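A, B, C, ... go to the sequence lines in the order they are written. Numbering, chain A: per the PDB entry, residues 2-33, 61-439 in sequence. The numbers used for chain B are those of the PDB entry, and the residues that appear cover 2-44, 47-360, 369-437, in sequence. Chain C is numbered as in the PDB entry, which gives 12-204, 210-230, 240-348 for the residues shown. Note that these values count all heavy atoms, side chains included, but never hydrogens, waters or copies made by symmetry. Whatever order the structure lists them in is the order used to number ligands and atoms, beginning at 1.
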Amino acid sequence: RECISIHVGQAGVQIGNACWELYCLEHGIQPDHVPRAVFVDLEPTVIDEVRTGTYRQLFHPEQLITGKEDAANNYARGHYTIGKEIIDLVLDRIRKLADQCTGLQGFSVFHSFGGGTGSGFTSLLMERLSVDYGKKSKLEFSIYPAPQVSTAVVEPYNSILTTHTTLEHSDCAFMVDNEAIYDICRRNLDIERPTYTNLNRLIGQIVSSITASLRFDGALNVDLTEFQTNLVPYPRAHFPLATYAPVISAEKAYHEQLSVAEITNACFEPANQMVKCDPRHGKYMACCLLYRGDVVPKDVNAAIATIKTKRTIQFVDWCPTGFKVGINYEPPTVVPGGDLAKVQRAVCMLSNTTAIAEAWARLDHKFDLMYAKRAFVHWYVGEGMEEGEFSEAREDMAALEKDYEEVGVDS
Amino acid sequence: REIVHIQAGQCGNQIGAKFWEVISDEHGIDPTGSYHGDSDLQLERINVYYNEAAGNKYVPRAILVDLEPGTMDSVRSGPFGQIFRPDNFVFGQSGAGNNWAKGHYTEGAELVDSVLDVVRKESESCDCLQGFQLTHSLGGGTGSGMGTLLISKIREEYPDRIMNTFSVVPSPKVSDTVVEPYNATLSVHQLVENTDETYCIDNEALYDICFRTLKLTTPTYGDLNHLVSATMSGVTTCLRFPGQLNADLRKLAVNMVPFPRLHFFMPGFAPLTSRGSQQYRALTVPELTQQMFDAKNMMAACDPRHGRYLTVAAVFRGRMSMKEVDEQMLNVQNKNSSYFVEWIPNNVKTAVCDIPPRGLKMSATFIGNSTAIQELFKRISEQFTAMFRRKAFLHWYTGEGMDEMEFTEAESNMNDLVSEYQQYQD
Amino acid sequence: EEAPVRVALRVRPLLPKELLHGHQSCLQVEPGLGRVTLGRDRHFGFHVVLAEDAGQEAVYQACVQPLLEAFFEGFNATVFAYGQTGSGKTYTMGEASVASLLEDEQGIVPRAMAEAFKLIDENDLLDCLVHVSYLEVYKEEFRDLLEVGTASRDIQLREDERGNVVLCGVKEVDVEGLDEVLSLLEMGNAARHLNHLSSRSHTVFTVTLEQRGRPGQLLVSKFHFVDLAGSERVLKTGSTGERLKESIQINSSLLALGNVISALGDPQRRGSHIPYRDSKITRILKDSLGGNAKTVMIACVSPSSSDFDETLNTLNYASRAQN
Ligand SMILES: CC(=O)O[C@H]1C(=O)[C@@]2(C)[C@H]([C@H](OC(=O)c3ccccc3)[C@]3(O)C[C@H](OC(=O)[C@H](O)[C@@H](NC(=O)c4ccccc4)c4ccccc4)C(C)=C1C3(C)C)[C@]1(OC(C)=O)CO[C@@H]1C[C@@H]2O
Ligand SMILES: Nc1nc2c(ncn2[C@@H]2O[C@H](COP(=O)(O)OP(=O)(O)OP(=O)(O)O)[C@@H](O)[C@H]2O)c(=O)[nH]1
Ligand SMILES: Nc1ncnc2c1ncn2[C@@H]1O[C@H](COP(=O)(O)OP(=O)(O)NP(=O)(O)O)[C@@H](O)[C@H]1O
Ligand SMILES: Nc1nc2c(ncn2[C@@H]2O[C@H](COP(=O)(O)OP(=O)(O)O)[C@@H](O)[C@H]2O)c(=O)[nH]1
C-alpha cells in the first residue's frame, strides 16, 4: 500500500537514488526497517554506485538485480536476448514482493527512452505485467528526448520502437524533457551549474508529492486510479504534463508575499512546464492539481477561476470537464545538500493538453530522416527486427498523432 | 567486462608499451608491486584489463607478438618489462619479412597457432569476454600481415565480441621506406571485413601536434606513443570507471557507424598544452570543446573540415555539467552546420566520465568519423596504383605464394570504399 | 542497350497442415492475367504469374530456357528462388529432392543439365566442356559443399581488372553425364549443413561454360542456380535458443540484400554507390545485377494469411524489383 515500484535504466536508477533519497528523508526514515522497491540494470556499474557508499546498508542487497552483460543501448538488443536472461528473475522478485505486500496499490515505472536499456526491457516488461497483473494500475515513466539538446545517435529509434508497444501496456504516463529543466535551474533556481543529480532531485520532488504525501495524512487524498480515469477521456492510454512550481532558490525567499496563487499561476506560464512544447496552442483537456502545505482555498477559487476565465489559455471546447484537485497537508522537505528553499506551500500540477503531438512531430519527422537513408538497419535486424517493425512503429505513431489531433480543436 | 591486449609488429611494442606506462600509473601500480593507489575507486572494475593469478601481484592481460625478437627483448628489459608474465610471450627468431604476405602466409603463419593457444588460455581464463584491442602498424608486414592474419582467424573463432583496430596508416608524404604502400593495401583489404572499430592514426599529424601546438622542437617517439596512450587511456576503461552517462565499446560501435562498413575512425585528445608555460586560468570542459574540433589537434592525415561529419562521440573526463556540455554540442550543431551533415540530427554522442587523470583537473576524449578520410585512402590509392604500374616490386610477394589476382581485388575493394565515402560526402 | 530485369512470381499449393488449421487463401491466384490481387486493392505487375498447380517445365520454358538460349550469347544469366521459410524454394529449382517418377518433382536443374547435355550433342563446333561448383553461404562464411573439409581462410573470392569475380578453394569437376551431375548434387546436398532440419544456408550452384570466340577473344558465359534462404522477419515465436543464433545472422543478410537491390530504381534522394561488399551472397551476385548480364526474378509466396504481410513483404521484395 505504501506503494512498491521499479527502476530500470541508468537515469531511472539514479533518479531513484535521489528520489528514493527524498522518500527516505521525508517520512522520517532513519539511515538504518523496510525498503520497498527493486533496482534493475544491464550493467552492475550503475548499481554499484548505490552498492558501495551511502544507501548500501539501508537495502537488503539480495534484490538489486544486475546483469553483468553489455549495457547495450540499442532497442532490439535490449528487448531481445540480452535482457531475456534477466526478465524472469525480475518477475520472480516482483511477484515475491507482490505476495509480501498486502493490497498492492499500483505500479510506477521509472525508465528512459534515451537508450536501449529502459526501452525494450521496459517494453516486454510492461507487456509481461499486463499479462500478469493487467487488472491493476500502470504508470509508466520515461524521460522524453530533447528536440535539439539530444544525446544518443539512435535518439529516435529507442523511443519510436518503444511507443510501438508501450502505449498498449500502460494508461497513465509522465514524460518530462531535460531542456526546460535546464531553463528552470538556469533561470529560476538561478545557478549556472545544472547537475544530473539536481534534476533527479526535481523529479524526485514531483513524485515525492505524487503519492507518498498522498498516502500521508491528506484530507483530499486521491487514488492513483483517479489519474487513469480522470486524465483520459478515452481509454487509449495518453499522457499528461506534470510540473512542480515553487522553483525559487534560497536567495529568493525573502519574499513575504508568496502564496498559493503565485505558484498556482506559475503552473500555467508556458515556458515553465518542463517540456519544450509549451501551451502556445495546446488546449487543455485535463488538469489535476495536487497541493500540499498550508494551502488556502481563496487562491484556489480566485486563481483557478481567473485561469479559466482568462480565455487566452483556452481549454478543449467539446470536452472541457478537465479539473481534478486534491490537497495534501504535509509540506515538502529540504534535501540537506539540495536547492529548494523550505517552502511552506507547494503545488504539483499535471495536465493533459493538445500540444504533445507537436512534440511527437518533433520526434517523428526527425525519426523519418535517419530512416530515409536506411541508416541503422543492420544493428536491429542484426538483433531480430525487420523493416515491417519500423513501418508498424511509423503507422502506429501516425494514428497516434491523429488521435491526439481530433480530441482538441475538432469540436 | 574483460578485454585482452594484442601488440603485434616491431612498431607495436612501443605502440602500447607507453599505454602500459599509463594505466598502471592510473591505478597506482609499481613495476613489481601492488595497488598502491590511495583511492579505492581505482580498483572496482580493474578486471577489464587485468587478472590476478599469482594473487598478490597484478598481471596485464596481454599478448606480445613479434616476428623479430630483439624489439620485444628490449621491451622486457624496459622499466615495465618485469610486470609481464613472460610465458605470455610468443615470438620467433625467424626473419621478420617486410613483406605483408610473408607475415601473412609463411612466417607468422606457423606461429599463429602458438598465438591462438594463448588467446584461448586467456579468453576463457575468467568471466565473460568483452573486446579485443589490436595495436600494430601497417608500416611493414609485421603488424599488418600477422595482424590481419590473427584477427582474420579471430573473427572466425569469435564472431561475437568487438575488434578494436589501432592501425598506423602512413603519413601521406613523410614516408619510412618507399617500398611502403603495398603494406597498407593488402592489410586494409582484410581489415574492413574483420573488425568493427578502426582507430587509425597518422604520423605527420603526430609531428603537427607534438611539434607546433606543444612547442617542443624534438619529437621523441616515446612522446608520440605517449600521446596515443592518452588516446586509449581516454577511450575504454574511462567508461569502465563510474560515469554519469558512461557508454561502452558496443554503444560506440552502434553509434559511430552508419553501416557495417564501419568507416574507420579518427581520434583526438583535447588538453594539448606545453609543459610549464601554459598557466592559463581558463581550463575546463568548455576549452576541451573548441579545442576538439579545430583542424589541428587531429591525429588524421587529411583536414577533417574538408568533408562532412557523420558521427562524432566525445568522452569528457571531469566533474562537469551536461547543460554546459550539450549546449556546446548545440553550438557545434549550429556554427559549423554546413559540413555537419544534416540528415542525422545528432552527429554528437555525449559520454560522461567521473574521474580526471592522475594530475590534470579535467580532460576530454575526441573520437571522430567524418567523410574526410575519403582523401586519405584515395591518397593511399594514388600512390598504390602509381608504382603498381611498373610492377617493379612484384617479386618479393610472388616469392611468398601471394598470387596476382589478389591485388586488383584489393584495389577494387578499397576503391569503392573510397567511392562510397565520396557518395556520402555529398 | 540494356534489357530490364524480368519479373515473375510463384504461388505454392496449400498443405493440409495449414488448410485444416484454418489458413484461408489470402491470395488471388491469377496466372494468365499477369497480375495478382491481394486483399481488395493491392494489384501488382508481373510478367509471368505462376499458379499453385503450375508445371516445372512451364517454369523452365517461361524464364530459364529463354536464358538458356541467352546462355549461348556468351553472357551471364541469373535466376534465384526467393521465399519465406516454408515457401518451397527446394522444389522451385529441383535440387535436394529425389522422386524422379513423373519427373515433375525434380525441377529446373535436371532440365537445364539434361538439356545442357542435349546442347553438347548439337553444337559440336565450339570447344566446350562444362565445370560447375556447389558452395554454401552460412553465417557469412563459405564452405565447399563438394568437399568434406576445406579451410575458410582458403575459400576466398577474387576480383580482376576486367570486372569479374574469381573463386578460390573450390573443388571444380567437369561434366560427363547427368548421373555424375546428380551424383554431385546428391553428395553435395548430403553435405549441406526436423525434415529440412534447418533450411538455413544459401546453397549456390554455379554452372560455368566458357565459349571460345572465333584462339582469340574468349567469351565467358556463366549460368546460376543460386538457391536463396527463408525470409522470416517477425518471428519471435519461431527460431529460439541456439537455433535463434542460426537464424539471426542470416536475417541481417536478408535485408542487407534487400537494402542492395532497392538502391537502383529509386534515385529520389542521392542514390549512392551500391553496397555489394556488405554480404558474401551479394558480392557473388554483383555480376547478377544490371548491365549486359541477364537476371530474372522468381519468388515463391504462401497462400496462408498468417504470413499475409510477409507475403506483401515478399511483394515488397517484388515491388522494388525494377532493374
Ligand atoms: C604539474 C602538472 O599539472 O603537469 C601536467 C602538465 O603540465 C600537462 C602540460 C600534460 C603533460 O603531458 C605532456 O607533456 C605530454 C608529453 C607527451 C605526449 C603527450 C603529452 C604531463 O607530462 C602529463 C600528465 O598527465 C597525467 O597525469 C594524465 O593522467 C595522463 N597521464 C599520462 O599521459 C602518463 C604520463 C607518464 C606516465 C604515465 C601516464 C593521462 C591522460 C589520459 C588518459 C590516461 C592518462 C599531466 C597532467 C602533466 C605532466 C606530468 C607534465 C599534458 O598532457 C596530458 C596527457 O595531460 C600536455 O598538455 C596536457 C596539459 C597538462 O597540464
Ligand atoms: N534527466 C536526466 N536524464 C538523464 C540522466 N542520465 C541520463 N539521462 C538521459 O538518459 C539517456 C539514457 O538513459 P539512461 O537510463 O540514463 O542510460 P542507459 O540507457 O541505462 O545507459 P546504460 O547504463 O549504459 O545502459 C541519456 O541519453 C540521457 O540523455 C540524468 O541523470 N537525468
Ligand atoms: N510450390 C510448392 N510446390 C510443391 N511443393 C511445395 C511447394 N511449396 C512447398 N512445398 C512442399 O512443403 C514443404 C515446404 O517446402 P520447403 O522447401 O521445405 O520450404 P523452404 O522455406 O523453401 N526451405 P528451403 O528450400 O530449403 O530453403 C516441402 O516439403 C515442399 O515439398
Ligand atoms: N608512433 C610511432 N610510430 C612508429 C614508431 N616506430 C615506427 N613507427 C611507424 O610504424 C612503422 C613500423 O612498423 P614495424 O613493425 O616496426 O615495421 P616492420 O617490422 O617492417 O613491419 C613504420 O612505418 C613507422 O612509420 C614509433 O616509435 N612511434
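Out of daraxonrasib, venetoclax, erythromycin, Taxol, clarithromycin, the compound modeled at ligand 1 is Taxol.
Counting heavy-atom pairs under 4.5 Å, the chain with the largest count for Taxol (ligand 1) is, by its name in UniProt, Tubulin beta chain.
Other chains reaching under 4.0 Å from Taxol (ligand 1) with at least one heavy atom: B.
The entry names the source of chain B as Sus scrofa.
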